[PDB]
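This entry carries bortezomib (bound form).
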Amino acid sequence: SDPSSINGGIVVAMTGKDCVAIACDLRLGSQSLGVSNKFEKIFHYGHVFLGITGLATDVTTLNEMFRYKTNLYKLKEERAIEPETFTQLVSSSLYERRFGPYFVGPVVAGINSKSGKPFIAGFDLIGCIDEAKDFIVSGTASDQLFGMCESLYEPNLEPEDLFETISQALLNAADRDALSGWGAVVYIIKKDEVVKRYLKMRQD
Amino acid sequence: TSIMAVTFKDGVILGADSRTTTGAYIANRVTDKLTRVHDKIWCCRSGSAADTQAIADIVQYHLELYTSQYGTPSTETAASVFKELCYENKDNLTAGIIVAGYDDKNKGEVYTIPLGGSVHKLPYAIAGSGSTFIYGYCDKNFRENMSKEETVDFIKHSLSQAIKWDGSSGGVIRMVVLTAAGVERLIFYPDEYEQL
Amino acid sequence: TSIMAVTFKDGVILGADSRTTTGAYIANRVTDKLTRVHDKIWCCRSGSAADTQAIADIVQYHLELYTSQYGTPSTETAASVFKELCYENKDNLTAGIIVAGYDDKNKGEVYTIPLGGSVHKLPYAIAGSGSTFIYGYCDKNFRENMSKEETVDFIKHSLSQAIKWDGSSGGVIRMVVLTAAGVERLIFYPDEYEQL
Amino acid sequence: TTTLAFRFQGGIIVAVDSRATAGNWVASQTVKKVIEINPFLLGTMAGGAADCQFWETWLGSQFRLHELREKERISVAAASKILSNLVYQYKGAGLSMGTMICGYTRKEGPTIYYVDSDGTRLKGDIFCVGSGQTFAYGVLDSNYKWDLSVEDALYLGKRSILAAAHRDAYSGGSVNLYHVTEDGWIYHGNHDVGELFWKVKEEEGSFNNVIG
Amino acid sequence: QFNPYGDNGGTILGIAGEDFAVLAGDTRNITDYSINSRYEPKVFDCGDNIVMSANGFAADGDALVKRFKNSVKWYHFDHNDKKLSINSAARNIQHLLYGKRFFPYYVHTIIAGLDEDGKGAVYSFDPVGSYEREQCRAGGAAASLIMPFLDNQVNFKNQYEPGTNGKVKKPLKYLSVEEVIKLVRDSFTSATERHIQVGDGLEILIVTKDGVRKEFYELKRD
Amino acid sequence: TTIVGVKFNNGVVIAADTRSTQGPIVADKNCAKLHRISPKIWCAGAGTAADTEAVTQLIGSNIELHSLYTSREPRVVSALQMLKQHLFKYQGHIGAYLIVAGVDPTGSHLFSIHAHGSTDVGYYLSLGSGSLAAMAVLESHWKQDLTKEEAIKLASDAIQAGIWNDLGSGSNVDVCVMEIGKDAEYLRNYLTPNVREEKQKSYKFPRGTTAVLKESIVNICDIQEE
Amino acid sequence: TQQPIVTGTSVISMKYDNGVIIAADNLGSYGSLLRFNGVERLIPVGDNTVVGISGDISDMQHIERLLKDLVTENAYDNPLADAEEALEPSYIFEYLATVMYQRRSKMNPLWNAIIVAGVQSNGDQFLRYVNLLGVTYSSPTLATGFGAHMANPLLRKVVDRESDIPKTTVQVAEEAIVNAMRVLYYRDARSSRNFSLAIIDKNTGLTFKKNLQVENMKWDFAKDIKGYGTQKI
Amino acid sequence: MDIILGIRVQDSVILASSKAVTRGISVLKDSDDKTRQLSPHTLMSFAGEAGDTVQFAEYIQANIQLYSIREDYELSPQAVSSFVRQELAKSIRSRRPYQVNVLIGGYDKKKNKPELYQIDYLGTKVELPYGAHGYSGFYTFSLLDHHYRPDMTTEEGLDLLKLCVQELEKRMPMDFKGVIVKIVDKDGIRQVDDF
Amino acid sequence: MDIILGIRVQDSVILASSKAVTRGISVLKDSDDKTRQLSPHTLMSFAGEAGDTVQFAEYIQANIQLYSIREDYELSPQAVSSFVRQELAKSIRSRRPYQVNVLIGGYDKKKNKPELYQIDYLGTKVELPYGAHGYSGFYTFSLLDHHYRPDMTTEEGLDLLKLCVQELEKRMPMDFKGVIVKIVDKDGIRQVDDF
Ligand SMILES: *[B]([O])([O])[C]([C][C]([C])[C])[N]C(=O)[C]([C]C1=[C][C]=[C][C]=[C]1)[N]C(=O)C1=[C]N=[C][C]=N1
Ligand SMILES: *[B]([O])([O])[C]([C][C]([C])[C])[N]C(=O)[C]([C]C1=[C][C]=[C][C]=[C]1)[N]C(=O)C1=[C]N=[C][C]=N1
Ligand SMILES: *[B]([O])([O])[C]([C][C]([C])[C])[N]C(=O)[C]([C]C1=[C][C]=[C][C]=[C]1)[N]C(=O)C1=[C]N=[C][C]=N1
Ligand SMILES: *[B]([O])([O])[C]([C][C]([C])[C])[N]C(=O)[C]([C]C1=[C][C]=[C][C]=[C]1)[N]C(=O)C1=[C]N=[C][C]=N1
Ligand SMILES: [Cl-]
Ligand SMILES: [Cl-]
Ligand SMILES: [Mg+2]
Ligand SMILES: [Mg+2]
């Protein structure tokens, strides 16, 4: 009945020294029935990464929508969109459906190509921007993720150390949620290289 | 319903309208809401007619039995019996009662018992749906130690306004005077009190 | 809310309390419920603050535009504009407004507009949750062709009682005098009106 | 929850998962869903944790009193009926129980009764109970025979719970195995699904859908 | 309509060591968005080297603790001053809870102490009486924030040994009392940051063979 | 949320806490609730966070266009009128509860706005779940003819009352001072009385602790030449 | 199950160096109607305890009778009734707390919030809360209803933690309480100007003050407030 | 309607769909084909509310056939599935949404690969090796998790499908009157007349 | 449970009752006997809410067996049916009524006549030549109205019963996993093991 917890899933993002990380689980379900273990929730438009939790049809719809909008942006602007600008575009796009909203929990992550400054942000289903210095969480195990991030996180972590912190935050949060898990992906993002790692986790 | 009781120099006077309503139909236009639980302890009834009658009947019984054993009860005692019934059966009752009586030792006394079952001793008391419209008037015009004639005028004028504005109130204004001299009944018809 | 408007020899006076409540919390204790739709046509507002403000704003606009084309509007005209909004949007509004104004030809006039959207021209009018408690007082004490000083005393005493008994009413008593002489604002603080 | 039990040549196999949930929140992964009523009787737990624990623990006290009074082991039929008659008294009050009562006696042979908080009491060869019961039924029905070795039967039960642990969101944690024979039950370990899944996938060549 | 239940917030945490056991809980008590008290003790010494806490609806929580303390008193009277073992105390609490199955104590109960071999023990209950011995358990409002952290840092879940890459797990080495108190303090600091009903103060009760000790730490008061 | 506004000698000051909450969880610990409608008109917002932002941006945008159209600095009453009429039209469904303040050629002003569209005037105001804690402080310490220093102190103290006593408020105090004939100073994190203490332990893991299945380089660059 | 009819609003209280202070207004409200203006809601028990009650007034009067009966019962066969075996605040509270939780457990509650203020035999300050649900708690400052939202913030600025109690005099404490009562009159729509205050000191005993009024009110600034935005006259 | 299954093997996609149509208490028909050919190498099975199912399927069929004629070219299974998902994602926020769940089985002639897509009435698309809608998956996914191998032949796929139908006929309460099976491969679409 | 049938012929009464037990989405058992022998020449089949059915049937069984021992005499089918009706008529105004419908088939050894009684959970008794409970009658009564003749043999009764079960298997949505058939005549009660 509740649209935000039919399919299930989670996304988390973190900042480090000259780097950012974004991660998500792979589960898609119909309430108790597990349907797919290959449903990735992180997408990217140029060097800007977007993770989306919530109702899966809206996750797909919004991805296609932000691909549409960022492509037109690039043709007109003659440059790739930046994380700060994209964040505003997500907020605008969600609020225009104020009274008929997309049931989602988006998360933006990326490094500004000019300033080099690491950037993350979160949103509610209707557009409100949460621009945290440390970390952002989203999904059906957001409570669990808040607890993990608040205890495990420290500032100015090196890329390879930040990987361990965010991976352990996701994995242990997912294992305390019935509608999350079934695999996981972690993106490590530096100014001009991005590494993608699939994690081995319990498949129940 | 518009009911009130007022203490004065020589004792206490009870006052009431005579209207009983089933919705907007006046089921009885000449009702007597001033009822007797003892020789010189009376009450004013508002709310459910069935509940307030059943309660009043039980109180009259309790005070009749009290008298046979311990002699004349105080007005405080009568109010306590009313309370005990109203409080302990609050879930199933809809009764707003004013208890008034005359002792020789305590003179005129007035106790009001609203829906909850709480007791409040006061110099005067007002109750019933029509009482809302005369809080302002009664507060401005009430004095302590009034005369009989002044108190009758105060109640007559007060209930006249309550009747004028409240649809649930109307008919004749009944009154009952309680003093050392005895018990006097008064009646005031529409032609008299409407022109005030 | 306790609001009233009273005509007298030299014109008309509007009166109001200053309490705005969200349930039992007083969201504003110094509210101004006497609002101006034209130089010498004011109104008293009760009910929803948002609705009565939105309505008053629209009326002020309509009368400003009327003035630019046809000169000073009558108080009857102002009441009609209020009515047209309240009646045609009765389903979506909760507004109880009293319109009062001073012409030289018609002198002091008072129109009351309750929830439905009906209009009633009266010598004086009372409204708001606290008005229930002063129907008796106001009816007994109102006279036609009173003086300024008498009318101020009548409103001050009336609203004092309404404030005393109504939880939704309180704070300062604001008043606005409308005569040929001009527009005068009066204020009366708790220490003054409570001891009455 | 996923719990199963089935009769075969070598007695009865009982297998259960370990997960407990409150809404979507995973409350516990280490729940003991098999009750050791006595050295010969086992009870499975599904539905309300408290209802099942309390009344199946109570249940052992009634049986102990029976054999003290009658100088004889209680039958699985009598055992299951004590529980079913008890919950039938509470019918309507809101008890939530899905249970198997499993055991073995000389007169009955290996016996399994399904007992239910609606009052339903059913004897049978195969039963699967819980939110993930349908998943477990798939594996059991296609691979079940009477002529199974104790080794093969144990694995089929283990594998059926694993199947349900994977797909059912409200099942998981670990697998507890029991084997019930002529001489009583024998515990066959706690098996973590986090390790068992990858082991089975590699060795069995199953779950080709998942990447490892 | 009258509603006989309420929610007083709070959060509790029990951890079992090799020869000790701790039961912690914040000292804040609330209704809706108001603070009732910044210091209202929630974890109690019940005698026989047993500590207890019943988190959720405080009226039911106080009632239950009161009735269990009573049960310990009568256990001594009826059975020749015998020490009530932790496992026996647990089973007794099950019956207290299930006794009100159809009008439950709206609480999450946790007890801690030592078992009969001297090893640390923690037991955990749901509102209607189901129970289980555990090495680790957080209960109450911020339980969802704390448990995952304890799965990771107490039971080394999802942790493996460097160089082997997922093949060899991190060994389950035992934790000292100083090491556990560090994890408890961090758990509540982290919970306070993200849960509005957690804060003010932290009170920990440590249980060893020597007896029951207390430690108190300040928490954020916002 | 706790937001306040306080008038003083030569202007007006507004303040706010920095806590955002979803149910009993804190979504953001350092949230920014002071919004800029124009350079010298700022407002603080409570209620639904997306709404207070959106309605401020929209009115702030139209105010800017109006300022350019008229060649005049914007007025607080203009922002007030445009906000109330917008909110009234949406019959309360846009959940924005605003305290609007500013200085303009008319003088210094302080108003409040509610979701249904009702406005109120005052020397001191407070909105949100911690308004009762804040208003208690304001009613106890407010006087006429406050200085700039006194008004900032009173305003931040009212927010602190909200931070400490209301569970819907917390973290830091943001302030914005708007004096007549001066630039508006926006004091972000004016007070920081809620820094977290050092943790007992570091949770940095050894490298290789997490199990991996596959690795791959992600192509973020465009299609290449040659 | 019932609904409260005639109701009483905030009760506020705090501790200080040598004792405790408690206060509550004299109003009995009937919905929005401010029906009864002479209702005493602080009820002393002996010379060492004061019980402040809010909520349903009929239930208050019942509780009042229970306490009156408790004093009578304690005197029975008790030569030390006015000395070592006199009723302590802690005894009176626990009795009420028992009754409140029992009544909620029969789905027929006493619709009240109660604060028991007093001083113990050994001079220790006693202050504890209980309500219709049987929920109990203690704190240096305690308040019911609107007082919880408005009084506590003000009172907590004087005594923020335990260590602030010895540093707080009776003069400072009474000042804070009286101020809080003024603030409640500004902001609670079901409060009155008239109130009662009680002090229980370990040295000077029980002082019960009746017919107090809220004074030194600020209203003069109201004259300058006009319209709701744009209006100037 | 009730049960619809799908499985992707080495070189083909196999769809199985029940034959029963039950309206209330009686089974009005026991030979109903719950599928439509969208293009020569793309088949769509469907299940949901009465009326909506056929209306939606034929509406999609018409649109894809219109595309085929206009461009003289067959759309990829991936392209058709994306079109269908968008129509359902549009539908879910309409006055009266289409209450239809579908499986799209197609053979991509460009990549020489079979492809199976599962889409629900909300517009939730996933590519899978094997899929199902309704209560069917609750019984069948455990079997497929065990037996499926990506490199199965078509004959091996049909045997694994028989094992799924046998389980359904054993444990499901509703008599769905068997299934109609259809194979989608490089040569097109054909029906297995004996099953 | 689901389907229970009854038919009275020349010299016997035949009861047919389904084997399936479905709780929710799965069929937990496919060999369940929904009947109890009340006495050597009296059989009662039952269907209704879970738990209540067996509890009620065994309660009646115990009471009739108690009567048999006490009097050393078998009650008539008419007498047993009246006892059962009263228990259900008492039950319907209880705190929690028995939600059970029954068919009582018996052979009266005094009158040498077979007798079939149909009783619902309200306590509504009727003697019939053929009867049914639940949705079963909606399909079967039309066939029995046509074919039933009151002088049929037991073999003719079984053939007419096969025609009823075939129709049910064709038109009913629920798979009831066939029926267990039992015959009640002068020689007692026996089960037809092949049906
Ligand atoms: B009075 O209006 O409250 C009146 C007093 C009663 C003691 C005679 N009550 C009634 O007339 C009630 C209805 C009612 C009106 C207003 C407030 C509360 C109740 N009427 C009856 O009880 C009644 C009506 N018709 C027949 C019998 N009883
Ligand atoms: B008065 O009490 O009717 C008053 C008049 C208004 C024009 C200021 N109304 C209110 O205070 C209303 C509530 C109300 C009370 C009694 C009767 C009808 C309505 N309050 C509001 O509209 C309000 C409250 N808080 C914030 C904004 N608006
Ligand atoms: B199983 O899912 O039925 C399981 C078995 C139980 C004995 C542990 N039940 C639960 O997990 C139930 C919730 C539930 C889930 C699915 C179907 C039915 C019920 N949980 C609890 O009973 C419970 C007990 N204590 C704490 C949390 N949850
Ligand atoms: B304050 O508490 O009023 C605050 C002010 C806001 C401008 C930051 N409000 C919130 O934090 C609201 C409370 C709320 C919760 C649920 C529904 C509506 C309002 N929270 C949010 O707006 C919110 C919650 N989660 C994510 C993003 N925004
Ligand atoms: Cl009468
Ligand atoms: Cl207003
Ligand atoms: Mg009348
Ligand atoms: Mg029948």
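Letters A, B, ... are given to chains in the order of the sequence lines, protein chains preceding strands, and every chain is numbered from 1. Per the header: X-ray crystallography, 2.9 Å. Just so you know, ligand 1 is whichever comes first in the structure, and atom 1 is the first atom listed for that ligand. As a textbook-style caveat: the illustration shows part of the entry, and contacts are counted within that part alone.
One finds bortezomib (bound form) in this model at ligands 1, 2, 3 and 4. Going by contact count, the macromolecule most engaged with bortezomib (bound form, ligand 2) is what UniProt calls Proteasome subunit beta type-1. Going by heavy atoms, the other chains that come closer than 4.0 Å to bortezomib (bound form, ligand 2) are C, F. The model ties bortezomib (bound form, ligand 2) to the chain through a covalent bond at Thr1(C) OG1.
When heavy-atom distances are rounded to 1 Å, the UniProt active-site residue of chain C nearest bortezomib (bound form, ligand 2) turns out to be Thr1(C), 1 Å. Distance cut-off 4.0 Å; other ligands and ions near bortezomib (bound form, ligand 2): ligand 6 (chloride ion). According to the deposit, the name of chain F is Proteasome subunit beta type-2.
Residues contacting bortezomib (bound form, ligand 2) within 4.0 Å (heavy-atom distance) are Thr1(C), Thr20(C), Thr21(C), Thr22(C), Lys33(C), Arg45(C), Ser46(C), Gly47(C), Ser48(C), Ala49(C), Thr52(C), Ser168(C), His114(F), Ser118(F).
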